[PDB]
Amino acid sequence: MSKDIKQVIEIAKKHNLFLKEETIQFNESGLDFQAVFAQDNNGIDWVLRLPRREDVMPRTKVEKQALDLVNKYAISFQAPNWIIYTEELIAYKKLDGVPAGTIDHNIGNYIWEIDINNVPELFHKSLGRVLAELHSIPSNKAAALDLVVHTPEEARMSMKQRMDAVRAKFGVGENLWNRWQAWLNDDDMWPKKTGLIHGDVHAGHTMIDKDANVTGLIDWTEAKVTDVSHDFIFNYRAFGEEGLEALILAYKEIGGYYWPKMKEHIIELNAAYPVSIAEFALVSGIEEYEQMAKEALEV
Ligand SMILES: CC[C@H]1OC(=O)[C@H](C)[C@@H](O[C@H]2C[C@@](C)(OC)[C@@H](O)[C@H](C)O2)[C@H](C)[C@@H](O[C@@H]2O[C@H](C)C[C@H](N(C)C)[C@H]2O)[C@](C)(O)C[C@@H](C)C(=O)[C@H](C)[C@@H](O)[C@]1(C)O
Ligand SMILES: [Ca+2]
């Protein structure tokens, strides 16, 4: 730990980031990297990723391309800007604010920084602005993007394929499968546009100020150009229909792509949540996710 602190200091030093030793904090980490918070010698807070795996550049290429787009175009919110980006260290200045909530992974619950029983309307207004700006970034103007890019029909066929693959692996309850298929087959419910999405929008990744304005988004690994609807699912799951409606309203009124069955579509996408849990179970090998998936698939 003194060894680990000493190592952090040394790695940062080699990238000309000079840290106050007493401020170094090691955070909950997965297998890709160790997450660290530290303050530099000018009093500025930083976020570091210490790599735990080889091939950092290929594995971070998509996330970095997404961040490059957001930093190039977006002004209504902050995103990580990897001023230090090498195989040995990724580091960026910490975004302002705090997460709206963080997941306690043992009860399976958010620890909220807002009042869940009286959600500030500015959360929805600000997130609506943020998402409308994000989703209208002209990703097509990049010369060489490696993000997944879907047309509207490609986004629908992607879901169709993902569902078939989960069914083949785990099975799916009959009623749930029929619901998914009815959704896939309802032409008019599907969006007729796609856009650049964050892909992991939830309270842990939405940085808020003291008034619950969303001022920043972190953790862009799931970014891609596809159905914008994924970025609305958190509002529904956390806040119910009221929170979903408030976000849709804010988004629509500031100019975001809106279609008549948008709410209905997002609710059907929410019903397809088990697809994501099943995929995560398969790729992570974490038994608890396999169990959660099988329960959610109604098998
Ligand atoms: C309401 C309260 C619940 O929160 C959600 O429903 C939100 C809104 C999910 O996002 C929703 C919405 C959405 C879009 O992600 C933001 C979607 O992809 C996922 C599947 O479900 C989250 C965050 C999911 O995480 C995401 O799961 C992905 C499989 C990978 C992703 N990430 C590491 C790449 C990761 O953040 C996931 C699975 O529910 C986390 C596990 C821990 C839970 O089961 C916990 C206990 C949740 O049930 C919850 C706290 O109770
Ligand atoms: Ca209330």
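Per the PDB entry, chain A residues shown: 1-299, in order. Heads up, header says this was done by X-ray crystallography, 1.3 Å. Every heavy atom of this structure was used, including side-chain atoms; hydrogens, water molecules and symmetry mates were not. Every number for a ligand or one of its atoms is a count from 1 in the order of the listing.
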Chemist: Looking at contacts alone, what is the main macromolecule next to ligand 1, by its name in the PDB entry?
Modeler: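 Greatest contact count: Macrolide 2'-phosphotransferase II.
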Chemist: Which candidate among vinblastine, erythromycin, naquotinib, dalfopristin, mezigdomide is located at ligand 1?
Modeler: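 The answer is erythromycin.
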Chemist: Show the binding site of erythromycin at 4.0 Å, heavy-atom contacts only.
Modeler: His105, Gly108, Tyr110, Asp200, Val201, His202, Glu222, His230, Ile233, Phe234, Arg237, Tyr273, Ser276, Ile277, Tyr289, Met292
Chemist: Taking only heavy atoms of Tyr289, which atoms of erythromycin are found under 4.0 Å from at least one of them?
Modeler: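 So the answer, numbered in order with elements, is 41 (C), 42 (C).
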Chemist: Got a sec? I need the residue and atom in covalent bond with erythromycin, or none if there isn't one.
Modeler: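 In the model, there is no covalent bond from erythromycin.
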Chemist: Is there at least one pair of N or O atoms, one from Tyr110 and one from erythromycin, spaced under 3.5 Å apart?
Modeler: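 Not met; the criterion fails.
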Chemist: Which atoms of erythromycin have any heavy atom of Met292 under 4.0 Å away?
Modeler: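 Counting atoms of erythromycin from 1, those under 4.0 Å from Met292 are 44 (O).
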Chemist: So, is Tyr273 polar-close to erythromycin, with some N/O to N/O distance under 3.5 Å?
Modeler: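 Checking erythromycin against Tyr273, an N or O pair does fall under 3.5 Å apart.
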Chemist: Could you tell me whether some N/O pair between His105 and erythromycin is separated by less than 3.5 angstrom?
Modeler: no
Chemist: Tell me the source organism the PDB entry gives for chain A.
Modeler: Escherichia coli
Chemist: Around erythromycin, list the other ligands or ions under 4.0 Å away.
Modeler: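 Result: none.
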